[PDB]
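A structure with 4-phenylbutyrate.
First the proteins, then the strands, lettered A, B, ... as listed; each starts at 1. The deposited model was determined using X-ray crystallography, 2.5 Å. Values below: every heavy atom of this structure, side chains too, minus hydrogens, waters and symmetry copies. Remember, it's 1-based here, ligands and their atoms both numbered in the order they're listed.
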Amino acid sequence: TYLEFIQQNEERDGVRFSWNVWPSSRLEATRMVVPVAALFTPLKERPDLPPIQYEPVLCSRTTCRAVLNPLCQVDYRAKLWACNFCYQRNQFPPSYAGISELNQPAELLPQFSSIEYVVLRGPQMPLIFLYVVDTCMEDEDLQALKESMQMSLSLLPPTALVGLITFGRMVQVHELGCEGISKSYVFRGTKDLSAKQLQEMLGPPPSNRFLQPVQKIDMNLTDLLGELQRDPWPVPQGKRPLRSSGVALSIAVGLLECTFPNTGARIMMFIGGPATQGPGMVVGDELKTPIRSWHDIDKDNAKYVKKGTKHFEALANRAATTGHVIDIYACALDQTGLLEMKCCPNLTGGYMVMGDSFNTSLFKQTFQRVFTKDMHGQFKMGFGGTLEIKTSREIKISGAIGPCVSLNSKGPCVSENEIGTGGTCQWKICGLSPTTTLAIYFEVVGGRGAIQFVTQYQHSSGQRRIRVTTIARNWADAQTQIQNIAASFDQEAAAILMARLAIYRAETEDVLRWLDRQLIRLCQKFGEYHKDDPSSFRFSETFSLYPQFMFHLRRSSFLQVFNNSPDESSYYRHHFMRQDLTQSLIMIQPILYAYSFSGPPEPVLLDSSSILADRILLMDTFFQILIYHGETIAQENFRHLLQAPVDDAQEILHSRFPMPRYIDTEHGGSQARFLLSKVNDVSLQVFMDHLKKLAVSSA
Amino acid sequence: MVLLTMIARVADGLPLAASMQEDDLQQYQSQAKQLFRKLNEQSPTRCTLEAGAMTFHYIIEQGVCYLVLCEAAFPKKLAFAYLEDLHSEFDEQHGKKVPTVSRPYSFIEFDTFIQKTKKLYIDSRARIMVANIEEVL
Amino acid sequence: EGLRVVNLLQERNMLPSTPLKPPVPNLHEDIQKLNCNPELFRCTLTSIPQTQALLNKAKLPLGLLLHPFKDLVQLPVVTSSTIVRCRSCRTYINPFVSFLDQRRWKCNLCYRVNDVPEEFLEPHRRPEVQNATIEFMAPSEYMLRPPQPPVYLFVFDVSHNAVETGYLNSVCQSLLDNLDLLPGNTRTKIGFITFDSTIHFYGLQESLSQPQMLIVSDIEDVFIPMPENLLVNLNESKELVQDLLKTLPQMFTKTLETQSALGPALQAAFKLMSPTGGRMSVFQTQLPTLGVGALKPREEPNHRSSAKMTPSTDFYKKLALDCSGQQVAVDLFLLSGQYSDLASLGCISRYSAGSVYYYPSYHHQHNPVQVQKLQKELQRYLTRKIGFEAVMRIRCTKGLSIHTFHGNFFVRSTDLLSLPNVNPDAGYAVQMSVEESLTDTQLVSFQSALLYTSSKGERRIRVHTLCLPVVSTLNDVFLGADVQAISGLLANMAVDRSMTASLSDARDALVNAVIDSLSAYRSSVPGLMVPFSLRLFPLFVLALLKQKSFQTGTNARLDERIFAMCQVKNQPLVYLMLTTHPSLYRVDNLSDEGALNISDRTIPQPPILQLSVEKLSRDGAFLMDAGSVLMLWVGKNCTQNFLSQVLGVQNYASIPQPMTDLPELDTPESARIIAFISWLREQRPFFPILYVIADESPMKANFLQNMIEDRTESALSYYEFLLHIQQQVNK
Ligand SMILES: O=C(O)CCCc1ccccc1
Ligand SMILES: [Zn+2]
Ligand SMILES: [Zn+2]
């Protein structure tokens, strides 16, 4: 079963390819419609793999240096092995002298195609957490934010270093645990500082006066966080607070850059409004002028965006080069400036949380999900990840789309046609989780093509770890090329990988015109039809859902930005460019469940016909979970039905990291609009009919 | 949306209490004293004067004039609520000694209540007649 | 009395055994009995020369010396609904006006007749005309703004050197003891700043568990970090400022900050006070070396270096002018053990009506003298009265013109002195000249007046008026000369000659002041003949030339000399005389010739001895009143009754090396010397410490540096000085 194959490979290797069978010829590699690409999840969880405590064993060839993998030919008699990538024959290291065929290395069993090594050579650095807190917000929001950070403090590792930076009109770098005082370094939030200047102006496991071990500082920081008060500067009438977010971040970046560069650190920024002063300003302090919209930016009526986006863009590259993570937690009724600040959590592995207020269960729960621990009590987060990809000599890499930064590492596996963050075989991922999914786009220039994923990152324990996923896919049979190719098509993975390419081009500007010429080209090459007969068009069970995915993608909020705020549009694309396949599908085509007396809950189409008056609906967009009551039900058996979707909702409410917004609406309710807008050129019926007219006519 | 508060005895214009903070004050403090001079027993007990980019607001109770200046953008509704809080407190504390004093600023120590009350109005988070000032002068 | 001529070469002990008294102007009995108290206001020539040509002939300087804010035993405070001021020159109605029509009075300064208002009513019995010293209530027109509150900002150096001296522990202790005694009502504000390489503000809020130390590190671009609780209400926040004073000395024990950014810190302290003004107490302990206003090190001179003063930068002068325009006065407490360029740092106190305090080589353990000195000088500093946002005008009768001002202030419009603060321990001096011949008048008057805001928030005007007669005879000018006042004015004039020219020219002009006057006196009459009023004139000029301000052949260091010149410019005349020529008494044998009128105290009155070792005696003990200190030198062969009954010691050898004060023993010999000393310090508010340390071998015999009549390896004796003058008088 080709589906059993795709399932188990994602369960084992955390990867999903657009095509599981690759073009064996130059004429088919150039005529590829959906590119050969992979939805790679470097830290995916699974059924208790054994952590390999010995050295990885690498190939002895300067340019290659691939890791010993199940695709390597062994020779237990001669204690040799041939690297499957460069054909180089290798000798076994001394620790492998007792190697035998009845007792072999884990890295050779096909069960351990994806495996994790631990390198224990240098002393382990502590983790670093830098709270960057805005103070220009209402007391109920600030007190709630104070309570959220005091709780996260009680979960950090005792070895972890902590710093505190509060800001409003001025920026305050706190010197922790000073005794009898509790001083702080105050800076103007009006001019920027480099790392060097900041280092000059400011001054066994290491630490600073500003970054200190939790175990020795937690009691003083939990009292400081409890005594934090709003920005003491007054806000005159008709004015926004002077909020220096752009400088407060550049001081949090420069602080760690000149104290602990190239080590896992988390810059957690808490925003209660837009940056109204200094570099990285979003909007002026005049309440008369509203924050910019998608209408304002298209009509050249947003004088702060480009200058503001450019500021945080350099900050993102600074922290990404230094290897530090920038989180952004925004909760305000107006907009916040995520459009201008998106590069910081996007280029690093930073999280981006959005809400109306820090005083909601939405934020409070979402925030403590950041510090979820696994079966040992350690955070599900890794730091400073370096992803290197080894390919066969026939496979080049166009690039990646996802939370990563190019290390600009040159090599024969770099493709001329670069895609996304391309032109490199190594990518830095400052922060990642078991969910972090990259999108690698390959290009081809008996059997088996091979690709190896090597990910060295800093574990939440401080240990240096190396994840090695080695996958192999058959080369297409020459006398059955396109027939074998078509049978391996993963229509779900290809829809997300083609959606990744589109949103990346939109967020870096038509895009729909490209998205259609490829759906049409896929229809003609892999569909069944008589020419000029639209009624004849069918798709295999392998391709039948791809057009429907394209229908819901081209109309999604990821490409139709209007009727959303720019902060919402940047927030939606942020989480899509990071999630795995299954959650990405839920974003583009929300799931719909029906509830009625006439049977147990059942999934239903995302069409207006699914909305019945005597039926309760559950819609699962990734960002929001919605419950709808038809006109009739809007009034022990009535209890089971009314709470049947509520019980189903509570489960998925918890596991999802960015806790989705819950909605309880009914017929006529104002909140029913979210259901009516995801549902239904016009509809799918007209879209499919117009698609068949172009598929059966000229190419 | 800034400050200037003067409390004077209407009969002579004798300054009783005031409050000023800069970091000009010289011009509008003159017009303020020109006004205290012209004020008599027939002047409007509540008024508002337009001084270009600035605007005066005063009330009168018990022969005591409570004057405030600010930028014209400041809510006139709030300015009179500010003067009302000053008067009720000032009258409660020094209402019966106003007609006896003869020194200027015989109630400087009212500086305290003026500025702690002033801050509750020059911060949006904390939460009659009109004539151009150049005429009356 | 004496119109008599004195041959200084034959007398030789012309110094009286009793204290000098200021001359009485040759005035009518009824005019003089109302004249201004000479402690508050006096003139070098109590008989004003009628013409400038006569003044030039006498070769004596004409000028005034005033102590206008001096603490008074009794002050008439007039609350007049109307202040009577001459309609032309604005002179206040003073006792020396000329009432004629009993409803019109003639101004004694510009001779204009003015109408007495129907309030002033016998108008000549009015208090404004019966007192030369009187304080007014200024009406609403004498204030540019509401009465500013009393604001005190203390700026502390906390560098490594400053932490080693240990001054911060005693200063914070003084403030704790004198918190309720700071002048001010419930409007009093207080602030605190520490600084090294960075500037440290201290916020104080009742809502927070402890103060907060806000540090601005941008030294080239300082700012105020918090808008509300840096200058806090002392009355409301008494508990908060007390915990900070108990905590501040402990915060910097392990400091490695070797540099000091005084300039930036003063700029930050200025911005914090610029809204209101007040008194800025700066405590610096070293050369400022970081940031704006940085000063280069200088190599100290030795006895060999000749007379080859000025500031090295105008930064602290420009900054002082900015503080003056905002009613901010800066007092400079310098406790440096090394050179700190006080010639440049002093500008912060001179041009802002502040006072500089100098404690060389201060150390909490090593220098117990400077410790107790600072303790008592701070006790006065924090508790003396104070006036804020003040100006002062010096008026004199038409024909006389003031052309040079001396003291700590800023001079705005000729005769307009800016006093951001005014303190009762400051002294001022003026130099005048006869611009128009006084042929018309036989009396001239001089008026100074002090418009200030009291510590209680009341505009007041303290006015002093002095009247003097006019003469046209060379001998009449000499007969009214004030030898002490001329010495004071000449000291101020020589300080300017130093900065302006050099220490050599300053010393020459002093020497020429005696030569030219006595040569002019001789040409108007064998030995050295001087009038009775100028018999101490070479003695006091000699002591001036051996004082630490103008001495040459000594090992004196730069900041010592600069501070000595700062004290000349800022102290009243009494303290300049007590320093330049200290009073020397023998104290091991006090008896009953004293002022035993004071109820139950006898208080001996030993004679004043002249400043020569030839007056000492190894058999006795000698106390020297230097004004600010009381050094008790003891003889090696001293008596045994003195040791055990006064010093509490059984022999000269076991007199402790540093002795901070006398014991109060159950002996009548001690009761006598304690009575004499306690009476000496009651003559002044500045409590003077008394250290007996002057043994015959304590290496602290700077007691002998005041024996100005003797000769040294690089200065003339008093007799040699007369010999040099006489060769010049009749050259
Ligand atoms: O211009 C003036 O002289 C009047 C204001 C200054 C002043 C006040 C009081 C006393 C002396 C001087
Ligand atoms: Zn290899
Ligand atoms: Zn006059």
Locate 4-phenylbutyrate in the structure and include all copies.
ligand 1
4-phenylbutyrate: other chains, heavy-atom cut-off 4.0 Å
C
Counting only heavy atoms, tell me which of C:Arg90, C:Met392, C:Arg85, C:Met143 gets closest to atom 4 (C) of 4-phenylbutyrate.
C:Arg85
Mark up the atoms of 4-phenylbutyrate that fall under 4.0 Å of a heavy atom belonging to C:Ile461, in ascending order.
9 (C), 10 (C)
Do 4-phenylbutyrate and C:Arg393 have nitrogen or oxygen atoms that lie under 3.5 Å from each other?
yes
Is the closest heavy-atom distance from C:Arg395 to 4-phenylbutyrate below 4.0 Å?
yes
Run the contact test for C:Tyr92 against 4-phenylbutyrate with a 4.0 Å cut-off on heavy atoms, strictly below, and give the result.
yes
Pick, from C:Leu451, C:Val463, C:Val391, the option with the minimum heavy-atom distance to atom 8 (C) of 4-phenylbutyrate.
C:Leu451
Students should be able to answer this: which protein heavy-atom is nearest to atom 11 (C) of 4-phenylbutyrate, and at what distance?
C:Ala449 CB, 3.5 Å
Mind pulling out the UniProt Zn(2+)-binding residues of chain C that sit under 4.0 Å from 4-phenylbutyrate by heavy-atom distance?
none
4.0 Å heavy-atom contacts with 4-phenylbutyrate:
C:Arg85, C:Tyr92, C:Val391, C:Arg393, C:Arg395, C:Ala449, C:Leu451, C:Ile461
